[PDB]
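First comes the structure, then the notes that go with it.
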Amino acid sequence: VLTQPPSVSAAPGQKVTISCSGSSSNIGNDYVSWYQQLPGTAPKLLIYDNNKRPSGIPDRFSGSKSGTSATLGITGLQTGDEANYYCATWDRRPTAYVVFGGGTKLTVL
Amino acid sequence: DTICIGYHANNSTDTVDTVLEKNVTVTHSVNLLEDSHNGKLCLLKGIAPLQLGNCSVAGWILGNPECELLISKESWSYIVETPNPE
Amino acid sequence: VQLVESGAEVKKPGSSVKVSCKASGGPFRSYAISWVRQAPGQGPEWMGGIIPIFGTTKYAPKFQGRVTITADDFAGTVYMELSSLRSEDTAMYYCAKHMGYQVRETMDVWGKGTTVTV
Amino acid sequence: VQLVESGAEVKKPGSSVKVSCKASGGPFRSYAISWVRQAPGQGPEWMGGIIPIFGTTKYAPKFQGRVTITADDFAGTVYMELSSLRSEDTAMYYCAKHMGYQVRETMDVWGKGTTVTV
Amino acid sequence: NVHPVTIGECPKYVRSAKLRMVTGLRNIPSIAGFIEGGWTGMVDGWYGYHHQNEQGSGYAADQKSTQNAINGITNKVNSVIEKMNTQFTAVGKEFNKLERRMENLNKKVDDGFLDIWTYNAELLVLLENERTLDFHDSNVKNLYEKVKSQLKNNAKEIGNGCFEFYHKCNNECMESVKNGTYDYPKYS
Amino acid sequence: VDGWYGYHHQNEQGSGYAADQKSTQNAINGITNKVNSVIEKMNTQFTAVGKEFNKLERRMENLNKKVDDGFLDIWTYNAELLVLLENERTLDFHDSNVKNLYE
Ligand SMILES: *[C@@H]1O[C@H](CO)[C@@H](O)[C@H](O)[C@H]1NC(C)=O
Ligand SMILES: *[C@@H]1O[C@H](CO)[C@@H](O)[C@H](O)[C@H]1NC(C)=O
Ligand SMILES: *[C@@H]1O[C@H](CO)[C@@H](O)[C@H](O)[C@H]1NC(C)=O
């Protein structure tokens, strides 16, 4: 499984980094993707290929991965950037499957 | 120290036809023709048809004494007739 | 591309439920399709997916044995059947699409979702 | 592949006789066709053959000059004409097929045969 | 090919008994390359590699070319489906004894249209089946040439679709040759 | 003269022509299959004669003429297009066969 901090909070206009520490089987040998989920809506893809952004995603979202741990960074926080964030990867050893992270609540002040 | 280039194979037994060749086994294919039915008259989007039975169109529309049961039906999706009505 | 699920269902424990997802465009797709679920107050869980042309189906060890995924290509529909329902199966289900023909961790298009209550 | 000959003939010395062979399948063949004959109490004798597409015809030195082999492709028929009949021409005739487009010593399919009496 | 008379949303009626469209490759179950035959050990794609080095050997699939092949085949099948429209309600008529010419004309029209559509369907399927196989062969050849145009003199071509390296290279070299980014000067 | 593709050899004992029996056989097989398929896709015509109409039946006569003309146009187009399209593929096939033998 992928472990993330349960909750991180910061003031508007600041910079927030959300982590996630798996193992050598899930993150250490595969890519990581980052999804955002607003209340009442389906999850929305934010980052894929560990640094790439889909069309329509603002530049203030970024991602990286060092060794076993991946990080998602958000700058220029607004009131509308408060939602759930999930890290997902493609675990593959006994029987491969998609594994999502525990989730992290981003609260703004 | 060695590397080779190749393609896929399985144990499929489907065959296709070509202008230059016949009866060629392939790995994947699709069928574009349907040749099966259920053998019954069935509803058409929830509306039942009108069945005449012994009667023909003339007997149904004229009021043949043997076609009384058809009087009460006033809506249908299609009309079914018997090959040799009496 | 738009994915539309079926309606909501109310089932009894021990029964089975089948749901369908319809995708806009041509009947034949060049991308894989996966099923995800989420219980209230919890996170998403991946159930299984299906691959075009080849027709291979993959499932999760938690859901292996009870779930079955099929596809009908000339109508562009994907069906998922779940059996031996319990009280913990109450959740909202989504059908999601991948960019390629392989089942991976990146899904770019999701459906509205449908609720299954037991 | 089935080869069918024509009926039996009764001819007079000095006359000529034409026989036909019909082959089952598509009208156009990818194999050569040969004519063989056998007298009662004797062995087979090769007369001549014809080649597809190219249309080349080959004959035997004994029969060269008196025999003519032709083909009609859109009906799938092969004709053989023999002239200057004698008493020794009384024999049974077969049309045989080869595996390839060339006339060789190996024939794998034979016909029933037809008798020519003088 | 069930019945000419239909009511509702129905497929088009033809006189054919077989209409099958190929989407995959020729099935030739034959370690050597593509010149001998196909690999039953490669299951996740249509084209790929088999590598053998000091740390072991194994099969892998080229995810890049398979995607374009699938895109093209899916487009072709969708176009074929789209070019043919669905049949609507079409039932017969009735005539009395003094109306034989009209009946004969009706029958002639029906028979002619049926003949034309049967011919069209059969010809289309027959003609597309060959182009699909040519497409697959061209894809395999292009992959082989792309790999050959990356090793130059550092490898020997043994003529069966395989390359033997003059130098020794570990799994990283294999993963770089199957990547498109191979350092020729490094191993010169 | 005995084939479609072949070799010419020259060595100390002499020179001469020869034909490759192997590739010619596949070429002949393919061409024969193509011609047979073309023949089979077209069916034979059966009895078809005209009709007669009186002076107060001009619309039926015009409809009959329209049907006949339309079917004739469609079949002429089909035949000509089929022949034109197959003629190019045959020549490409022969060129590919020669190139494959050389390689
Ligand atoms: C053969 O095909 C069947 C499916 O029809 C299945 O047993 C398997 O995919 C294949 N098995 C072998 C041994 O090739
Ligand atoms: C129709 O005719 C048959 C005569 O065999 C009769 O038995 C039947 O009762 C009639 N009515 C229906 C509704 O079939
Ligand atoms: C393979 O290619 C990717 C991107 O093209 C690159 O990030 C990776 O380092 C390459 N691997 C090797 C072993 O060169």
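Note on naming: letters A, B, ... go to the chains in the order of the sequence lines (proteins, then strands), and numbering restarts at 1 for each one. Computation of the quantities below employed the complete heavy-atom set of this structure, encompassing side-chain atoms and omitting hydrogens, waters and symmetry-equivalent molecules. A restricted portion of the entry is shown here, and the contact count covers that portion and nothing more.
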Tell me the name of the drug molecule at chains A and C. CR6261
Which partner chain accounts for the most atom contacts with CR6261 (chains A and C), named as in the PDB entry? hemagglutinin
I'd like to know the other chains touching CR6261 (chains A and C) at heavy-atom distances under 4.5 Å, if you can. B, E
Which residues on chain E come into contact with CR6261 (chains A and C) within 4.5 Å, judged by heavy atoms? E/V43, E/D44, E/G45, E/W46, E/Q63, E/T66, E/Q67, E/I70, E/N71, E/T74, E/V77, E/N78, E/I81
Paratope (CR6261 (chains A and C) / chain E; heavy atoms, 4.5 Å): C/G26, C/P27, C/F28, C/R29, C/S30, C/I53, C/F54, C/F74, C/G100, C/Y101, C/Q102
